[PDB]
J.: 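Consider the following structure, which includes mazindol.
Starting from 1, each residue takes its place in the sequence as its number. If you're wondering, the header gives X-ray crystallography, 2.7 Å. Just follow the structure's listing: the first ligand is 1, and inside any ligand the first atom is 1. Just the heavy atoms: all of them, side chains too, but no hydrogens, waters or symmetry mates, feed the values below.
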Amino acid sequence: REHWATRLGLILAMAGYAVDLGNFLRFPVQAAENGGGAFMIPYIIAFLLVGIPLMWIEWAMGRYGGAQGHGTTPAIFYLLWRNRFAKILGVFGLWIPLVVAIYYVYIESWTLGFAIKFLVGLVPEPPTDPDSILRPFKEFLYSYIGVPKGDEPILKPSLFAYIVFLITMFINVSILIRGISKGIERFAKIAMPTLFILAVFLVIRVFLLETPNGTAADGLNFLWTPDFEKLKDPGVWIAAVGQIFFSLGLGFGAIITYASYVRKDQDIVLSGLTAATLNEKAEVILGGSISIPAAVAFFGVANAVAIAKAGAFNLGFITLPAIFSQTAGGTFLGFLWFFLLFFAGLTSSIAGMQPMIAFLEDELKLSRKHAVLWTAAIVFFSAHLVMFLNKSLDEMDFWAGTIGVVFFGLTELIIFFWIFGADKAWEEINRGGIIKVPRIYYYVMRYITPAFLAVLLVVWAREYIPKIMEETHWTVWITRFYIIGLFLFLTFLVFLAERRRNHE
Ligand SMILES: CCCCCCCCO[C@@H]1O[C@H](CO)[C@@H](O)[C@H](O)[C@H]1O
Ligand SMILES: CCCCCCCCO[C@@H]1O[C@H](CO)[C@@H](O)[C@H](O)[C@H]1O
Ligand SMILES: O[C@]1(c2ccc(Cl)cc2)c2ccccc2C2=NCCN21
Ligand code: NA
Ligand code: NA
């Protein structure tokens with residue numbers, strides 16, 4: 001079995017997985033909308049009661065499975081729980097990262113695409129008033145994706161958008177086809193420092209921004225001034241547990257697969273703790289210091305609330321580019337911003353395709369070359385649904401990327417800590433540990449952690465599921481049809497895997 005070469009590479013690959021577009025866009029907007037500095041109260045709590053416990057569990061499950069030659073959840077769930085229904089539930093840990101990969105690599109390609117257009121100067125140059133600057137960039141983005149100009153839910157990506165998508169797939173395959181240590185690990189050691197340098201340079205330049213409408217301090221102010229009155233709102237605590245769960249990328253099946261390349265007795269308690277921390281530092285220090293302070297510096301604290309309400313996507317793909325076109329050296333600034341996001345995306349997409357590659361390798365005994373190429377093929381082909389059908393992206397992100405991961409997160413806890421056995425699980429987590437998990441966490445993992453996840457799931461099921469089902473366009477059935485098929489197809493592969501094993 002392949003293994004991580006160095007402890008540092010392992011930590012950087014894992015941190016690379018967690019640190020994504022969300023760190024620099026989603027988190028700052030969530031924080032501004034949910035109590036500013038006060039949001040750190042339920043955020044740290046969520047990190048301690050949900051994020052850290054579950055992450056350790058996923059590392060343990062991954063390492064446990066890897067020792068027996070299995071890096072994915074159909075095989076691993078079966079090992080923790082010998083039942084046919086365990087295998088079926090395990091398919092989700094293969095299906096979720098696959099579906100997310102199907103739209104996420106495309107989004108990732110947008111940033112590479114924007115980075116190049118900025119570098120070579122193929123971007124709008126307004127002219128005045130805020131809308132006079134924002135609109136040409138709104139239009140730039142819309143022409144790239146091919147946002148529908150009519151009533152048809154049809155997208156028309158530019159040739160440039162399409163070729164960059166091809167290039168992006170090529171880069172992913174390039175890394176993945178070289179394997180865990182010589183490919184993913186080697187790349188983490190380059191991308192993670194590069195990421196840090198870009199962010200630090202941006203944080204510095206943002207902190208020097210001064211306009212007639214405000215400064216970076218005004219931005220940092222608005223973001224971090226606490227609003228403790230929002231702590232009463234249940235949705236703020238849900239937001240925190242939600243934010244933590246998603247920032248760490250728990251429930252995607254990715255962490256388990258990566259951990260399966262950790263050796264049987266190699267530490268996971270400290271390594272895991274360090275990786276989660278890197279994500280957090282990247283999130284609150286760097287992520288919170290770039291996008292919101294820059295936006296508020298240019299548009300003024302008066303529009304801060306409006307900016308936060310406009311969302312993470314608009315901030316990163318419309319608002320900030322517009323600001324860069326109005327600032328000195330903003331052309332090279334825009335390149336750095338989108339290059340930064342691209343590496344943030346790239347370190348995450350490789351991790352998210354690895355479970356499929358691992359499954360093809362571990363269970364169907366494919367060579368790495370074939371496993372990577374076929375995985376790329378399924379992802380490349382399927383992505384045409386995301387590129388051409390409007391709102392397809394949102395549908396996949398809801399079922400797989402939102403509802404799915406929380407359900408799968410809860411499923412992992414129960415199978416490992418309740419079915420497999422809390423005591424067997426506890427020893428599994430601490431074995432080889434440079435540090436030992438604090439004894440209090442034995443109760444957290446068994447009762448508190450699943451309780452939190454259950455509450456989150458129910459609130460979200462009650463809140464969002466009725467809306468998506470009753471108020472959406474008929475074309476959503478196209479996306480549902482396709483991803484349900486993917487689940488059927490994966491089930492078949494799991495079926496073929498167990499049959500091959502019975503023969504040999
Ligand atoms: C943290 C960054 C997350 C990236 C969010 C990507 C969501 C963009 O998604 C797309 O945006 C287009 C522009 O409005 C819309 O026309 C499409 O309906 C939508 O699918
Ligand atoms: C059924 C699979 C067909 C997938 C078609 C993908 C290629 C079509 O591509 C289309 O044509 C233009 C150039 O070709 C580009 O502007 C865009 O990529 C796209 O709109
Ligand atoms: O960027 C992701 C991610 C997860 C899986 C893949 Cl295949 C690609 C990207 C992501 C997407 C959507 C919601 C949450 C998350 C996430 N958490 C860490 C990495 N990561
Ligand atoms: Na993150
Ligand atoms: Na990443």
J.: Could you point out every ligand or chain corresponding to mazindol?
T.: ligand 3
J.: Mind checking which chain mazindol touches most? I'd like its name from the PDB entry.
T.: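 The chain with more contacts than any other is Transporter.
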J.: I need the residues around mazindol for a figure - heavy-atom cut-off 4.0 Å, please.
T.: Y17, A18, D20, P97, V100, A101, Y104, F246, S247, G249, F252, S348, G352
